[PDB]
**Student:** 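Consider the following structure, which includes colchicine.
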Amino acid sequence: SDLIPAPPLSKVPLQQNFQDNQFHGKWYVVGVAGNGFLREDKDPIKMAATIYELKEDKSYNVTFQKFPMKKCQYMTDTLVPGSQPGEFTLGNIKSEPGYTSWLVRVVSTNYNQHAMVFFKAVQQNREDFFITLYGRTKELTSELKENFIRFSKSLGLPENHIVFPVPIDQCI
Ligand SMILES: COc1cc2c(c(OC)c1OC)-c1ccc(OC)c(=O)cc1[C@@H](NC(C)=O)CC2
């Protein structure tokens, strides 16, 4: 299509010894890169924080601001553990107009500062993928943001498909 193809999974690193208990909580969206994310300097965006909640069954609740981030509205999905720690499927629980599931792979995190997470659509004829740069604070370092840009570019994403929203706590 118009879109840059998704990488094979083997090109997406997996965070080693992923600790679900240490990943839970609030994560600001500090960066988002994907074939369907488009930097428009004329239309900057702000994004509310994502909440990852670990449950008894080791799945998460995930509460996140909805795409394409025009009116701030939260949504909640289930993050079902996959083939191993760090990996999940994010499923739309009800069949609705815009519908796909995503494979979710935590690429790297140190739990208390940053995380980088890869999302790939499991729908047959969808190249759709994106990478989220999360921070525990609204601000991350230049080195951490350049590492996210380089990772994103290594999967073929142009720099104008890499967006840095203004992180906020809540919808307004
Ligand atoms: C847990 O966090 C996120 C999870 C997803 C999305 C997203 O970006 C707003 C997130 O925040 C970083 C998401 C992303 C891109 C999409 O297409 C470009 C889409 O159609 C759809 C989405 C999401 N669906 C909706 C309705 O927002 C599902 C996956």
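Using the numbering of the PDB entry, the residues shown for chain A are 5-176, in order. All ligand and atom numbering here is 1-based and tracks the order in the structure. Note that these values count all heavy atoms, side chains included, but never hydrogens, waters or copies made by symmetry.
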**Student:** Specify the chief binding partner of colchicine in this model, using its name in the PDB entry.
**Tutor:** Neutrophil gelatinase-associated lipocalin
**Student:** Could you walk me through which residues contact colchicine, taking a 4.0 Å heavy-atom cut-off?
**Tutor:** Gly40, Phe41, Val66, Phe68, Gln69, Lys70, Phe71, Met73, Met79, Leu94, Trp106, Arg130, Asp132, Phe134, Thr136, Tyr138
**Student:** Any atoms of colchicine less than 4.0 Å from a non-hydrogen atom of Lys70? List them with their elements.
**Tutor:**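 The list of qualifying atoms is 26 (C), 27 (O).
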**Student:** Looking at this entry, which organism is chain A from?
**Tutor:**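 By the entry, the source is Homo sapiens.
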**Student:** For atom 6 (C) of colchicine, which protein heavy atom lies nearest, and how many Å away is it?
**Tutor:** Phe134 CZ, 3.4 Å
**Student:** Which atoms from colchicine have a heavy atom of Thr136 less than 4.0 Å away?
**Tutor:** 12 (C)
**Student:** Would one find an N or O of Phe71, backbone or side chain, under 3.5 Å from an N or O of colchicine?
**Tutor:** yes
**Student:** Closer than 4.0 Å to some heavy atom of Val66 - which atoms of colchicine meet that?
**Tutor:** 1 (C)
**Student:** Under 4.0 Å from a heavy atom of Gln69: which atoms of colchicine are those, numbered in the order shown and with their elements?
**Tutor:**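 Counting from 1, the qualifying ligand atoms are 9 (C).
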**Student:** Could you tell me which atoms of colchicine, counted from 1 in the order shown, lie closer than 4.0 angstrom to a heavy atom of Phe41?
**Tutor:**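 This gives 8 (O), 14 (C), 15 (C) as the contact atoms.
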**Student:** Suppose we measure from atom 23 (C) of colchicine to each protein heavy atom; which comes out shortest, and what is that distance?
**Tutor:** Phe68 CE1, 3.9 Å
